[PDB]
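Residue numbering in chain A adheres to the PDB entry, whereby the residues present occupy positions 25-261, 269-280, 289-498 in order. Method on record in the header is X-ray crystallography, 2.7 Å. Each ligand, and each atom within it, is numbered from 1 in the order the structure gives.
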Amino acid sequence: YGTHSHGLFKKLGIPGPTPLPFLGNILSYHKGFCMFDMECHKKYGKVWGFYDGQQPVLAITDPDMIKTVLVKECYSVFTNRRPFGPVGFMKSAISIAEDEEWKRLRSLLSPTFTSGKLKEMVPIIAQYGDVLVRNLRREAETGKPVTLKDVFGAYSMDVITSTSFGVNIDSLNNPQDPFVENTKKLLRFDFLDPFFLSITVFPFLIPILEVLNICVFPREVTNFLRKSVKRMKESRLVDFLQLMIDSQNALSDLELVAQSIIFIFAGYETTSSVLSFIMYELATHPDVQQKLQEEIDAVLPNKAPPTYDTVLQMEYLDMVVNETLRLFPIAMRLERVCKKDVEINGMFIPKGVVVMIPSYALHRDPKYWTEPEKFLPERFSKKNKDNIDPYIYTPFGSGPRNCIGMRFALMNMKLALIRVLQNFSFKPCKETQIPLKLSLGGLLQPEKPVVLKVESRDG
Ligand code: HEM
Ligand SMILES: CC(=O)[C@H]1CC[C@H]2[C@@H]3CCC4=CC(=O)CC[C@]4(C)[C@H]3CC[C@]12C
């Protein structure tokens, strides 16, 4: 034994790279998820199959299917995601929860994300828009080429703490010692790490790990937020902990601690990561930074504070964020487990298989997109947009199980653009790598941290 599911795609009839005995196709991840997705797409068309060890992954590319599974069949057959490693009590974090515990948690926290409560958090978020620039200032002063993900990470931290726990620190490399270093440690998993590679060939190793209590969210940090939450509950006799406590807090109590940790996870390094790309695009395109920078002066006259409405009422900003997201869809892949045998717009799909949508690949897909390689915002203006197909462009997923934090993500990032642009300009310096080159790991990240010249707009 060792090639269990390896007959499935030759049978059923789907093309794809032919699996090694124990490894499946994992050896093709030397380029990363993105590059591996591009090629299978080219070299196989619109459906293809591969094996992560002995897990069969079926990538689909037709919008109709991609909508059947993401939308039309969510609660039906494609409800859950792929288990990925020893997850401990975090098994109750919504993004990890399965089937019925999921829908429960989903409608239960979704009220916690509605607009208007977005409205309310804004003054809190803007407050670190201020902090960010008071900080971003000094680094431009010194004349030194600022590392983006450091100023942005901090802001993201600042905004997570404040909106998630009503803890207002200026982490931002200042009070960098209280509550900051556990949070700092909540980074995206790299699923091409040797650790995760091992657990994909030997998934029989997850339960063992589970036993030794070896969890993939580090215990140091989980103890802390778990402790730190509980002490906050009592004291309280806007803020995500707030909105949950009020949320009838059934809705379990030490299941609340799982949400808190997972919101930080999903939002920390993603927000600060996208913000970096956006500032890279706005240099190598100085023209766009200006077109955007003027729009901002137009909507709020010299330095005026950004606002829930000041924001939504900025067509060009919305274009720049959206175009950055196309090039760099942080998740790279949407992905869904098949709960049962089902038919789906043509092809049979057998129970057990993982259905995979190639976000990043569809976003650079010479079909739907012309000069797909190019940062040009105009793709998303009132004319040229909305003949672009959702289910193709999906940087936040789609359907019952999409990014619950999308609005908050966008809002948060814009308030940060505003403050920064309406106050700065950004210029390739010595180190600035041009073009881009993505990491060939399992994260959709720069490879060599983006560093830029920050230059105060007159002072
Ligand atoms: C940089 C911005 C962000 C991007 C690009 C992003 C992207 C995504 C994607 C692609 C998914 C999976 C969608 C699917 O399965 O179809 C997702 C899920 C999720 N995201 Fe985000 N996200 C971002 C920010 C955030 C923030 C700030 C939060 C926290 C408030 C958050 C919370 C979640 C949660 C809880 C899920 C899981 C929903 C579920 O499985 O029921 N995200 N996100
Ligand atoms: C970068 C990343 O995704 C992290 C999250 C889970 C982490 C692993 C969790 C288990 C672990 C325990 C150890 O004592 C050595 C390091 C390892 C093997 C970790 C290495 C880095 C990983 C793979």
Options progesterone, cilastatin, ribavirin monophosphate - drug at ligand 2 | progesterone
Which chain is the chief contact partner of progesterone here, given by its name in the PDB entry?
-> cytochrome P450 3A4
Give the source organism of chain A as stated in the entry.
-> Homo sapiens
Other-chain residues near progesterone (heavy atom, 4.0 Å) | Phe213, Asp214, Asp217, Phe219, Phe220, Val240
